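Protein cereblon in complex with S-lenalidomide.
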Amino acid sequence: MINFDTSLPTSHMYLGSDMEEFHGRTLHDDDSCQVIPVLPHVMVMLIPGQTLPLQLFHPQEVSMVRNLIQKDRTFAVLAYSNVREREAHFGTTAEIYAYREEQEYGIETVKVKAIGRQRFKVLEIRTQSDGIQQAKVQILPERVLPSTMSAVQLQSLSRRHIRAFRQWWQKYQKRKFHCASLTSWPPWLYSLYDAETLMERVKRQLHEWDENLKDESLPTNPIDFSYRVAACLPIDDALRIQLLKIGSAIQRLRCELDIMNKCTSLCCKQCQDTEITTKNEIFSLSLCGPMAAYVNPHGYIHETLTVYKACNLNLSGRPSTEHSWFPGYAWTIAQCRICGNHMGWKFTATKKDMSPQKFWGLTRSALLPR
Amino acid sequence: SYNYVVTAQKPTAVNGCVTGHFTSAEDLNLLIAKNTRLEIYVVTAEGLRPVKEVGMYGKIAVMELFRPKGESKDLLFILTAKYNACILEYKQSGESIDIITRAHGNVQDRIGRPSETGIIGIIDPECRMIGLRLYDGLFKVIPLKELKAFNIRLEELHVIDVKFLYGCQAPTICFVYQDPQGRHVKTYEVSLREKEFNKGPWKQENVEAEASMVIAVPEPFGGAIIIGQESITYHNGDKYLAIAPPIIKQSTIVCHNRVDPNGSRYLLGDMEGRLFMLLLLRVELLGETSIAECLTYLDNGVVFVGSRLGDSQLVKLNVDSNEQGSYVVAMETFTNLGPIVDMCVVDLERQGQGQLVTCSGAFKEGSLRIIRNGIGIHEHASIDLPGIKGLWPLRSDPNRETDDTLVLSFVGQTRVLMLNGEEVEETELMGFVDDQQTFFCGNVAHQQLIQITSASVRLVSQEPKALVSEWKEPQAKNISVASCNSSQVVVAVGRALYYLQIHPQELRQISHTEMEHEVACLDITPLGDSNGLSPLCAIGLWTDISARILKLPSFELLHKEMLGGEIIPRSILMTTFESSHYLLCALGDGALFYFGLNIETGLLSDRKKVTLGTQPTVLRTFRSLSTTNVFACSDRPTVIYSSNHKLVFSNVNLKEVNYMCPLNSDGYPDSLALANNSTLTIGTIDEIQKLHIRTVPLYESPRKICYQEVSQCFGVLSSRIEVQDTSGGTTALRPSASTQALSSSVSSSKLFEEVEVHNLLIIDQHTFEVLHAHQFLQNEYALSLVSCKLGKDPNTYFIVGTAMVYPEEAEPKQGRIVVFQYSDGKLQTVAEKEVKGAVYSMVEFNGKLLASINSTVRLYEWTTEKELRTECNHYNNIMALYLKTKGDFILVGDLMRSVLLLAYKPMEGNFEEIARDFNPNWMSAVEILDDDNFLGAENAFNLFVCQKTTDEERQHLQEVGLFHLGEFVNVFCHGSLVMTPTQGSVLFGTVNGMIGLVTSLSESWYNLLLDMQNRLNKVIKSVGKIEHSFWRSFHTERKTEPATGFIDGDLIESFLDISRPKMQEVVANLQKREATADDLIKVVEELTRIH
Ligand SMILES: Nc1cccc2c1CN([C@H]1CCC(=O)NC1=O)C2=O
Ligand SMILES: [Zn+2]
């Protein structure tokens, strides 16, 4: 069994403690148009609910967020369709929750912890003199639907509420979707669109990654649950954007299950054919899931996936604990044996009593589900 | 896009029912909720008396009666699904009946998640308040004008059922609630003066894990009865009584009713159709009924079974059990088409005449329903007597009250038939002539018989048969036209008219006149409280073309209507429908004029024209089920009847009828002698209504239906429930269609505790008999069914789309496409194509077969080797449940209204995604209207229409129609039940049994009718005072947008029903081009013809 504290990564300790905490929450109305600033050096995609750690040191980015704290505390994160040509039609708002100003080495520097809130549709990307952009965006509403059966049952059969509990799930289908008999579809079809059902089908793989998972931690709400799960799936940008367009939690879970089932082997994006790891090696070393966004000392955000065994990797240099994202572990650069592509790191425990004694931190940009 | 939506057949399914004294504190009433409809009744003790039938602008969710303190009768509370609350009072004054809104408002909360176990509408026994559980964690209270409401924060979120407790000084509610720890019963006291809740009279006692219903039991008992899966518990603080009968273990009790007003006897009802009696604790099984949605005890032993899955009932609760041991006997069965899960339009019987066969009902109530537009005749005798020019019934025996003689008229000839029971014989009536054509004959005054011929007027005595009197025109001229009742005769001799009275052994010439022109037709029918003596003579004339009301005996003109035209009136008739007097005048061209007649003044008002046949119509009166009717004989035989003091015309399903008369003989009771060009038929008339419904019980669930003309049979997918037996298989619950097949067969496998068995049934298009039944594989779920010819092959095959369903599998990993040939009364299996998924839908595509295997859309080619060959595959990322086609363009549909248009490229042999839409909402059905438009059924009982320069513009669909239907559509179908103003016709089948019609309109016609709708709404009084515009507003938990691109046919049709001064109000400044009231009558008349 794993003894490592799965809460440690989620709290971004490497960023330092003693950060200004903000409680107050801002939420914009649905379909409303808003003008939100964009951070010039963020190139990652943020999912609602996902934590985004930042380490800003460019004077314009520093002044931007410094002024942001005085008001809204929200900024826009764009889902780039073409990162080189900086093209983005979608994005998510990020609200700052932890903040810290330091002055060092002749510069004014700031560290933030932000969280994804609301998805949006880009209308126009206007640019400012200082270099930082502004985005006229339209908030996309989260579309919540009732039970498939809600409409068909306005009757007496309505008052039928929701190992060994395998039969419970069949009795559940039999009971909940009994009124499918009034329709042109069977109860087993309706289950493919049931939020509770689709969640259990996902939770089935979430327990295969988190062996020591307590259901108390997991969100009951399908909206939060669909998003949490999206943020920890090691998939390409094209596929992540497609998931960000999704308005319904149902459509999302269905999409996520489809991905989860087709997901087999993870390759080197550069080689395309060199296999580095498999779905079976994936494990949740953090409560956020197997994958999370972390910042290096130069503000570069690496969404890293934790796996027990990796394969065509070669290491270089000696382990280091300096700025480690998993306290108690030392990192060492790992690259593709074939092409030399930076794949991530090998994390090795600094104490004999730690479980796991080693794991791999693979960056999702280096990977290809091919 | 502009569309028109109208009800072809109202909802049939019973949503709820109650008993009380609504009409009067004397009369026992039964109120039935058929969704948007309210049926009000009186318990006749010798039947069920229908008083009034009102329609509402909402789906009924709550319906409970109440009498608060000093009231003349009962007040009805109605709550719609859109939270329209209202109090309705009954108001009668003579012939006028009106529902009166006593209080009305909308109780919807600005926010809130509608609860899981639906809307609960309970009333305090003392009529102190209205309790509503619409949202989880709140309790809405309406104290019993604008229906003022307030909420009370309820701590226990998940409430199962609740009732208002009896015998309380302070109002109390008892509810079953569920929390993670368990499911427990609780009590709360509701205070109006404190506007909050206070602790209940007794403790939160723990109940059964599956405790479903709370039964409010009256004094001297008090407290509550909690019904569960196996247990029936009772709670009253310290008083507790827990019974667990094994007889209720099989099915869950879904509905109850109170038999004794004190609370000693209750009628319980389970999901399988069993009827229980809870005695005060002891439970006794009475017998089996239809699957009851609701139960009502009324009068002495009679029970109303309010069913939604099958035909509603009237049943007797005898204290004496029969041989089988049942204390339940079936009195009357009320047709319920709902749910319609599938349907198709077929040209059965006659071509051009559309008939609608539906997969209706569920489980044991499963049936096929054949809906044919028009009344039918049940033939009992057929005689070869060509060229009959007239028919008349007679009673040769004055002592006998029934007809024993039938007199036939021919070209210058008369024959007489005697009815010796079922035996018809050629005979001669003494006194009557055979050598002259007859214009009239029948039983007359002073126990005599009359015969009017082209020559004379002969009066014949009945004891014995002999000639008593004989009238002739002075110059021996021929009688042209003739009218006779019982004591009076008016005959024409060209322009001349003669009035004679029928006295004992005497035909008395009272008066005579000359007319302006030649007489074409005559009528002297006595109307009102006129004892066989008519003071009016209705007459049609040649050349001037007029209908004239003359006075008897003076012959003085009272009114003269100028019919207009060159075509002369052929038939004229004075009649009485629903106590209202009318004049009916048929023309040679087939046109029928109808007016209301004043018996005193003789004034013809409200002139209405109706086109019947191409031939001159002959009007004969007949009594059907103690009601006067008019049979209109032409090449389109019609019945002219009354409904809500408006004349209705429904076609008779007969090629042509020339002459008819009613015959009540010992062998043919309450019958109709009908004659055409070749034969005389004696038979009985069906129910006088617009549509006819033939019920073919299957005793199992019909799911899908299609037709094969080349086989003269229907292919039907049906499933039966079977329980797991103590053997390596299953056993049936009762015999049903699939078990009782003429020839039976089973699928042979090649692919790698209550069970659902799937079958393909083969039913003959006439008899409707199960010729064959092909049972599918174990765990095989049949989904789609299509009858077509594919590739170069000239044989029509029945194709079935299956899915291998297992409880562990979520998405079916296996499935088949099975090709069957129906020849020699057996299904020959041509091809068994195994696919890696569920075959949700299939369609014939320009000579190929398009099918959907889960999320993929496959195109199959039918080779010479007679095997479907995979051509091109479109991978959609959306499950392809809906698959519809028109030419080379395909429509793909997801349950979440995710539509995508495909197009097969003939030269490329691939699929091209034209346009896509992704607006999450539950979608139940979808149809292609035309090349650019397509109709669908969206969540919260709504309808919608999606329509088709830049690439971004053309690749995205536009929602052009939004409409709240109030019904859950399961099937769309291109067809019509009727033998240009509008474009196309799509019929739709709903869950409640409602059938509807959707057609297309022009920009101008749409706006004309939309303007008219707003105007009609300013006149028309709404039950519960609900705004029409609100009721039709597109509605979901989120957005409530007003209706667009849709015209409510049901509202537009009620223009022909409003008062003429109100029509004038509606048409005033309507329109630019001006709009005449007579123009808008023609437009609206034209639109009523589509259905
Ligand atoms: N020291 C240094 C210099 C330049 C880039 C980077 C680093 C350390 N690092 C990662 C190593 C893995 C970790 O757990 N935390 C980090 O911060 C980088 O990406
Ligand atoms: Zn590589």
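Here is how names work: the chains are called A, B, and so on, in the same order as the sequence lines, proteins then strands, and each is numbered from 1. In each ligand, atom 1 is the first atom listed, and ligand 1 is the first ligand listed. Side chains included, hydrogens not; waters and symmetry mates left out as well; all remaining heavy atoms used.
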Exercise. Every copy considered, what are the ligand or chain positions of S-lenalidomide?
Worked result: ligand 1
Exercise. Other chains with a heavy atom closer than 4.0 Å to S-lenalidomide (ligand 1): which ones?
Worked result: A
Problem set entry | Residues of chain A binding (S)-thalidomide per UniProt, non-hydrogen atom under 4.0 Å from S-lenalidomide (ligand 1) | A:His323, A:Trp325, A:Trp331
Problem set entry | UniProt domain holding most chain A contacts with S-lenalidomide (ligand 1) | cult
Exercise. What ions or other ligands lie within less than 4.0 Å of S-lenalidomide (ligand 1)?
Worked result: none
Exercise. Which residues, given by chain and number, make up the 4.0 Å heavy-atom shell around S-lenalidomide (ligand 1)?
Worked result: A:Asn296, A:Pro297, A:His298, A:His323, A:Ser324, A:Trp325, A:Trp331, A:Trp345, A:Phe347
